[PDB]
Asks: 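What follows is a single structure, and I will ask about it in a moment.
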Protein chains: 2
Amino acid sequence: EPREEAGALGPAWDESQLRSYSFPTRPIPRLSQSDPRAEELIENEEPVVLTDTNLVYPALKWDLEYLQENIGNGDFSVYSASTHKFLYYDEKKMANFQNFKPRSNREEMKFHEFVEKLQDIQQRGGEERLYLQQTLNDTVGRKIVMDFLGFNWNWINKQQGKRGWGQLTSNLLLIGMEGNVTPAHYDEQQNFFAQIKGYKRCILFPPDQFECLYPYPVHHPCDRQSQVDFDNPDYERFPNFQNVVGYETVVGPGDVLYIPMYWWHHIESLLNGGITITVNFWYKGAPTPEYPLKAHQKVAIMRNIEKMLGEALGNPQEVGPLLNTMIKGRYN
Amino acid sequence: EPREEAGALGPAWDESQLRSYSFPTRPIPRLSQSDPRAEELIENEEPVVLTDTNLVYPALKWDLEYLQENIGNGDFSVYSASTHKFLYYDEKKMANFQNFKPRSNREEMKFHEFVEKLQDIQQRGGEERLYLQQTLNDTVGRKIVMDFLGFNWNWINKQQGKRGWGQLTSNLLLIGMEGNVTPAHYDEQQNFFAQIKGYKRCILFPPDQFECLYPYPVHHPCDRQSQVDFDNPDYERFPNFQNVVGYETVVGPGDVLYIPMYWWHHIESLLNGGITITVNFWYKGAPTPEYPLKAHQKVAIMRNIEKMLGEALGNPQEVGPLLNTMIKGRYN
Ligand SMILES: Oc1c(I)cc(Cl)c2cccnc12
Ligand SMILES: Oc1c(I)cc(Cl)c2cccnc12
Ligand SMILES: [Fe+2]
Ligand SMILES: [Fe+2]
């Protein structure tokens, strides 16, 4: 059931704001940071919404206005698509596949310019949507640095210690528009996903559902994304999508979602629900210490064979025919 | 056309002694050792029958009687099958596959005992056939050592030098019974196949016909053999067998066949043609020095991925499902 906001301000969100999908899902547990079960889920690399970290307390005041006034005149990466689906591609790998035009084009700008194109689009009721994805570096204004400084570093660094994780690799900041979807993909890093403004539906799939999810080829610029269009699944090409079962939740201002290493996540900003703000924190996982082997290690292996083959053969286009030659009438 | 033996002794063999097969084949060139074209085929790793090496001149006198009188009382590996097809299995790998009973059972013995079971079988018109495959070591009698000593070492060692090949790894000696088939398989070593007594039909396939030949899984005890039963090919399981094209020849006393590294060979002793004797010499190929990649190197690669996977997963039975997970809806 949708959560009731304090002081009776009404339901935070309602069902009609969520897209409809072919697969069932179960709920991710919402817990307190002090709960022993949350700690148990994290070490066990299972998802968990932590409702009371205060991780990004100072950022909760943030709207566009405030950020405009304070982030300063630096350069911000802005992605742009004529549709609700924001398929991230990888630029390095574009060389690997020629018959692939990007359907979502990046563009650098200043915050006011991003806010410009934002207010405009809404004022002219357009279908174009936008995402601001910017790895928070240095150019940022004094107040925002003060906001940053006030994040709950005690809590997060102590999680990094207990999990024996490696180093904080990045802090993306995300500002998007209502209805924005980030299609299913997995990451190699442990992730804390800190919600700030707006509501996001997060659907997660364990790594053992590799077979139902059909990642793009490793050398493909969409490496790590599902090939399956969730809005129109192709059961002829992707029969095992019919078997997919997700874990689902809705995060709002103050919630931190642990997205474990190698879990798929598909993320959507609520329809008619306004802009969204998230900040995420990524940590390199603990290093390798044993059988039975875990699903994610098997995924590591498939990736590695694929990388190796592309090297040995001098050509990523040849990986697929070599793999078929290897299994046809032999392993299949 | 079948070759005419000197002094008009009649056709060496006739068509009716050859089994009938679903695939076409072309002839391997019969050449002289002095011919520049033979040297050109060898360095190019293509097959060639050399008609005048004198490689095993002293052994041409050998029949059963002579060998009995001279090889001495040592131990000789003898394979035994209730059929014409001698499927060699690998003993180490038997652990890897349980639902596999060997259909051709080995047995050690003395030469007279082998000759015993030979004369008997013929006298009692039986379907059981036998092969003597013995890596010539030391136990052998003085005359046979003298025979050995007289082989054309000048010629063979000078081939090893020119080809930059590594070391002579083995000298099998083969004595079999008429109609014996050795089903298609490939070897990793360069091979000189020296015919001595009887006639053998050798059908060879280049390594680029991997796809039509369907080798068993690398961890299978029949690793390196075709899965295809040439006498009853299963075009449902092995569709690309329909595309197979071989190079064929008939070798007799005095002929040496170069079987290049990684070429498939399927070998059959002529029907109604009596016992056969061969001695083969195997050399480790030249070491690796470049694209485009050669078929055999690609075969090296498929083998390696397969070996790696079996290691990483701690279980050869899991190689196949991991490979399918890796290609299904991804590369196929
Ligand atoms: O890597 C990510 C980006 I970039 C943007 C979003 Cl919305 C994500 C959401 C969940 C997990 N990872 C995400
Ligand atoms: O490895 C071999 C054995 I053991 C027995 C036979 Cl009649 C062969 C014939 C051709 C090539 N290799 C062969
Ligand atoms: Fe992600
Ligand atoms: Fe062989």
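Numbers restart at 1 for each chain; the letters A, B, ... are given by sequence-line order, proteins then strands. Counting starts at 1 for both ligands and their atoms, in listed order. The basis for the numbers below is simple: all heavy atoms, side chains too, and nothing from hydrogens, waters or symmetry mates.
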Asks: Identify the drug located at ligand 2.
Replies: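 You're looking at clioquinol.
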Asks: Mind checking which chain clioquinol (ligand 2) touches most? I'd like its name from UniProt.
Replies: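 The largest share of contacts goes to Hypoxia-inducible factor 1-alpha inhibitor.
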Asks: If a contact means heavy atoms under 4.0 Å apart, which other chains contact clioquinol (ligand 2)?
Replies: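 Other chains with a heavy atom that close: B.
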Asks: Could you see which bit of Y88(B) sits under 4.0 Å from clioquinol (ligand 2), with heavy atoms only: side chain, backbone, both or neither?
Replies: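 Under 4.0 Å from clioquinol (ligand 2), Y88(B) contributes no heavy atoms.
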Asks: Using a 3.5 Å cut-off on N or O atoms only, is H265(B) in polar contact with clioquinol (ligand 2)?
Replies: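 N/O-N/O distance under 3.5 Å: yes.
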Asks: Counting each atom of clioquinol (ligand 2) from 1 as listed, which ones have a heavy atom of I259(B) under 4.0 Å away?
Replies: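 In order of numbering, the contacting atoms are 10 (C), 11 (C).
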Asks: Give the residue and atom name of whichever protein heavy atom lies nearest to atom 1 (O) of clioquinol (ligand 2), and the separation in Å to one decimal.
Replies: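 Of the protein heavy atoms, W282(B) CZ2, 3.2 Å lies nearest.
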Asks: In the entry's source annotation, what organism is given for chain B?
Replies: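 Source per PDB: Homo sapiens.
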Asks: UniProt domain of chain B with the most residues touching clioquinol (ligand 2)?
Replies: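 Mostly the UniProt domain JmjC.
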Asks: Run the numbers for me: atoms of clioquinol (ligand 2), each under 4.0 Å from some heavy atom of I267(B), listed by number.
Replies: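 Per the distance check, 7 (Cl), 8 (C), 9 (C), 10 (C), 11 (C).
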Asks: Heavy-atom pairs closer than 4.0 Å: do any link clioquinol (ligand 2) to the side chain of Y131(B), the backbone, both, or neither?
Replies: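 Just the side chain.
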Asks: Show me which atoms of clioquinol (ligand 2) lie under 4.0 Å from any heavy atom of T182(B).
Replies: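 Per the distance check, 7 (Cl).
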Asks: With heavy atoms of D187(B) as the reference, note each atom of clioquinol (ligand 2) found under 4.0 Å away.
Replies: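 Every atom of clioquinol (ligand 2) under 4.0 Å from some heavy atom of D187(B): 1 (O), 12 (N).
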Asks: In the protein, what heavy atom is nearest to atom 5 (C) of clioquinol (ligand 2), and what distance, to one decimal place, separates them?
Replies: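 Here the closest protein heavy atom is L174(B) CD2, 3.2 Å.
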Asks: Output, or 'none' if empty, a list of clioquinol (ligand 2)-protein atom pairs in which both atoms are N or O and the distance is under 3.5 Å, rounded to 0.1 Å.
Replies:
from	atom 1	to	atom 2	distance (Å)
clioquinol (ligand 2)	12 (N)	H265(B)	NE2	3.0

